[PDB]
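To start, the structure itself, in structure tokens.
Shown for chain A, in order and in the PDB entry numbering: 3-125, 127-261. Atoms within each ligand, like the ligands themselves, are counted from 1 in listed order.
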Amino acid sequence: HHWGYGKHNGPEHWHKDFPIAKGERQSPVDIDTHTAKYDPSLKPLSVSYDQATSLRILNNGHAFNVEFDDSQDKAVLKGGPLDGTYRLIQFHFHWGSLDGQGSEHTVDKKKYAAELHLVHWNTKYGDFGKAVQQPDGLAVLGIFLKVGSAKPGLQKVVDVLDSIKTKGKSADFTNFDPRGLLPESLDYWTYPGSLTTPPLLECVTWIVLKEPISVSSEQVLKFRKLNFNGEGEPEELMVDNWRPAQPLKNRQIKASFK
Ligand SMILES: OC[C@H]1O[C@@H](O)[C@H](O)[C@@H](O)[C@@H]1O
Ligand SMILES: OC[C@H]1O[C@@H](O)[C@H](O)[C@@H](O)[C@@H]1O
Ligand SMILES: OC[C@H]1O[C@H](O)[C@H](O)[C@@H](O)[C@@H]1O
Ligand SMILES: Nc1ccc(S(N)(=O)=O)cc1
Ligand SMILES: Nc1ccc(S(N)(=O)=O)cc1
Ligand SMILES: Nc1ccc(S(N)(=O)=O)cc1
Ligand SMILES: [Zn+2]
């Protein structure tokens, strides 16, 4: 009964070990596009990934993380709602058992097939661990995935998954360019929220891009061949690793675009 995504240990149970699950700033949320308001105070968003240094890909039993060298300002996120510089540490996805579900955020209640999270920490706090003690410690860039044409910049990820099928397996994953996971437009919504997995800490400025990326059915089908379980254990396919939308409470979602 470690946390997970089963009927016995999924999102409806997390509050028992992580009472912040019922907090005032939880994520994800439904993005009501008609209520979100353009904010002229937002500065231009800068996604600066040209010098990124990927290192490894890990099946952590809940998703797979592509990890980056964050020992210095190499891949960073600035501008928009953010004060200062946020350094890329890892990205991962959430996805469904079927194309009709998988995203964490929803857009006018619409669920996408998957959602990419590029996770960054505020460099003024020195390390990720200190950043998650702060109300402005993290910035997560969220990108929706729909199923259509293949995303060429995702294929290297897809093709390594057979080598990290089970929990605890990792593989080298150097020289991966995360620019290849972005859509064309950087239009976004933003709001203050939390990590979407335990420990559910309320440290995140969410920046959710409006434009989805398209991936092929074959690409997302390979996500669904991963396992939540470790090697040797009964196979439990890694699917439906998403938390549903949580109450908006006393928050407003701002839009970068008129
Ligand atoms: O290899 C992935 C990326 O790594 C970066 O460090 C390089 O500067 C980019 O040119 C390259 O696309
Ligand atoms: O009092 C007026 C203000 O209300 C706030 O809730 C909105 O975020 C602002 O955009 C608006 O100017
Ligand atoms: O860029 C990520 C990975 O893509 C492919 O798997 C390459 O064969 C490997 O060398 C690289 O680490
Ligand atoms: N019954 C139960 C208790 C706690 C959890 S947890 N680790 O997700 O909070 C899950 C199920
Ligand atoms: N330094 C570090 C990088 C990535 C991660 S991970 N596996 O949580 O993405 C943890 C620590
Ligand atoms: N450690 C951690 C980092 C990011 C997230 S998420 N799913 O909110 O990006 C959850 C936990
Ligand atoms: Zn996530």
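The chain that ligand 6 touches most here appears in UniProt under the name Carbonic anhydrase 2. At ligand 6, the PDB records name the drug as sulfanilamide.
Lab note: binding site of sulfanilamide (ligand 6), heavy atoms under 4.0 Å, is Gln92, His94, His96, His119, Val121, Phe131, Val143, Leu198, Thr199, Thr200, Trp209. Interface of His96 with sulfanilamide (ligand 6), defined as ligand atoms under 4.0 Å from a residue heavy atom, comprises 7 (N). Considering both main-chain and side-chain atoms, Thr199 comes within under 3.5 Å of sulfanilamide (ligand 6) through a nitrogen or oxygen pair. Of the residues of chain A touching sulfanilamide (ligand 6), most belong to the UniProt domain Alpha-carbonic anhydrase.
Of the protein's heavy atoms, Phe131 CZ, 3.9 Å lies nearest to atom 1 (N) of sulfanilamide (ligand 6). Taking distance alone, with nitrogen or oxygen atoms compared against 3.5 Å, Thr200 stays at or beyond that limit from sulfanilamide (ligand 6). Among protein heavy atoms, the minimum distance from atom 3 (C) of sulfanilamide (ligand 6) is reached at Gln92 NE2, 3.7 Å. Counting only heavy atoms of the protein, atom 2 (C) of sulfanilamide (ligand 6) lies nearest to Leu198 CD2, 3.9 Å.
UniProt's substrate-binding annotation for chain A and the heavy-atom shell under 4.0 Å around sulfanilamide (ligand 6) share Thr199, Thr200. Restricting to residues UniProt lists as binding Zn(2+) in chain A, the heavy-atom distances under 4.0 Å from sulfanilamide (ligand 6) involve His94, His96, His119.
In chain A, the UniProt-annotated active-site residue lying closest to sulfanilamide (ligand 6), with its least heavy-atom distance, is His64, 9 Å. Taking every non-hydrogen atom of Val121 and a distance limit under 4.0 Å, the qualifying atoms of sulfanilamide (ligand 6) come out as 4 (C), 9 (O). Below 4.0 Å from sulfanilamide (ligand 6) sit the other ligands and ions ligand 7 (zinc ion).
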Contacts table for sulfanilamide (ligand 6): protein N or O within a distance under 3.5 Å of ligand N or O, distances only.
unit_1: sulfanilamide (ligand 6); atom_1: 7 (N); unit_2: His94; atom_2: NE2; d: 3.2
unit_1: sulfanilamide (ligand 6); atom_1: 7 (N); unit_2: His96; atom_2: NE2; d: 3.3
unit_1: sulfanilamide (ligand 6); atom_1: 7 (N); unit_2: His119; atom_2: ND1; d: 3.4
unit_1: sulfanilamide (ligand 6); atom_1: 7 (N); unit_2: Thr199; atom_2: OG1; d: 2.9
unit_1: sulfanilamide (ligand 6); atom_1: 8 (O); unit_2: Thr199; atom_2: N; d: 2.9
unit_1: sulfanilamide (ligand 6); atom_1: 9 (O); unit_2: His119; atom_2: ND1; d: 3.4

